[PDB]
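Structure showing estradiol engaged by Nuclear receptor subfamily 1 group I member 2.
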Amino acid sequence: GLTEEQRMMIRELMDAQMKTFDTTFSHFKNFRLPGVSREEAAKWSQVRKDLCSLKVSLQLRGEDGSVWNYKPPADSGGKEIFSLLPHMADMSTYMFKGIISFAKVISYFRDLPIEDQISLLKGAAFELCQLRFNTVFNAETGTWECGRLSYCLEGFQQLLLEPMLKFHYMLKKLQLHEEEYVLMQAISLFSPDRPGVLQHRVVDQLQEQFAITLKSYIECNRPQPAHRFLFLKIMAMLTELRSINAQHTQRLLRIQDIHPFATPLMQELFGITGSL
Ligand SMILES: Clc1ccccc1C(c1ccccc1)(c1ccccc1)n1ccnc1
Ligand SMILES: C[C@]12CC[C@@H]3c4ccc(O)cc4CC[C@H]3[C@@H]1CC[C@@H]2O
């Protein structure tokens, strides 16, 4: 019951997702791994709380059948809390490159002025990265299954207090289709109120249009009473995700000001110029 414009819109989004989402992470290589007064000190207590919010163990399944497993250390007051940051930066950077390739291919995104493209990517790269991570999140084992790589959360009631983490469990519960995930990525990408956007009217009409398509898709393909208000639930999660984005952006910048680790691409997406 979708229009031909709506059907073509989903086809282009799914096409962009298929071409630019390395779901098996087969081309994520050369990444780093952990080794084998008062105003400058109040930061450390906040950075320490940020890093130990959600900790993950890391597993590498080699192509030969071997398995490396990394269990992170506990906070003992030193620099050991930063051990997984270089790897997290490399993985995030790899996801961001796929996100940027995703946007540049969508026709509605390609047609915007280049400055608005950059403004939209700077605003939504983290959110689309989290949306893609949720499709490989295993809520039964609490693990993000990224091909050869697995990231397992180290009861669980105090862990769902982490907002980003409650988001992953709640979004996974909705059991969305691939078409609904990619429509969420489009709605998040075309948020007309990111810092620096000029064509606020063009982006807003495009976003309302991806939302109408998602609303219509759900109405046509989900009559079950369990999917009542599913569209509104999805839109509420996108609002929460945008807020999680702002929280984690400040967490990153706090950690960056004290222990630099952001890659050049991460610096570009987060406004870091390269000079103190
Ligand atoms: Cl999102 C994610 C996927 C896979 C492994 C780890 C994480 C996580 C993260 C958060 C923001 C940007 C990149 C990765 C993360 C997932 C859920 C809740 C918090 C953080 N993470 C970074 C450090 N420890 C865990
Ligand atoms: C997830 C944290 C905030 C967001 C940080 C981030 C944010 C963005 C990004 O591209 C990578 C990372 C890696 C480290 C993350 C942090 C580790 C602990 C903290 O909670």
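Chain A uses the PDB entry numbers throughout; the residues present, in order, are 142-177, 192-309, 314-435. Both counts, for ligands and for their atoms, begin at 1 and track the order of listing. The figures here come from the full heavy-atom set of this structure, side chains too, leaving out hydrogens, waters and symmetry mates.
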For this session: Specify every chain or ligand assigned to estradiol.
Result: ligand 2
Exercise. For estradiol (ligand 2), which residues in other chains have any heavy atom nearer than 4.0 Å?
Worked result: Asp205, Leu206, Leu240, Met243, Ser247, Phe251, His407, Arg410, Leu411, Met425
Exercise. Of all the atoms in estradiol (ligand 2), which lie at a distance below 4.0 Å from a heavy atom belonging to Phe251?
Worked result: 10 (O)
For this session: Give me the UniProt-annotated hyperforin-binding residues in chain A that sit with a heavy atom under 4.0 Å from estradiol (ligand 2).
Result: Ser247, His407
Exercise. According to the PDB, which organism is the source of chain A?
Worked result: Homo sapiens
Problem set entry | Where estradiol (ligand 2) meets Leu240 - atom numbers and elements under 4.0 angstrom, heavy-atom basis | 14 (C)
Exercise. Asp205 to estradiol (ligand 2): N or O pair under 3.5 Å?
Worked result: yes
Exercise. Most of the residues of chain A in contact with estradiol (ligand 2) belong to what UniProt domain?
Worked result: NR LBD
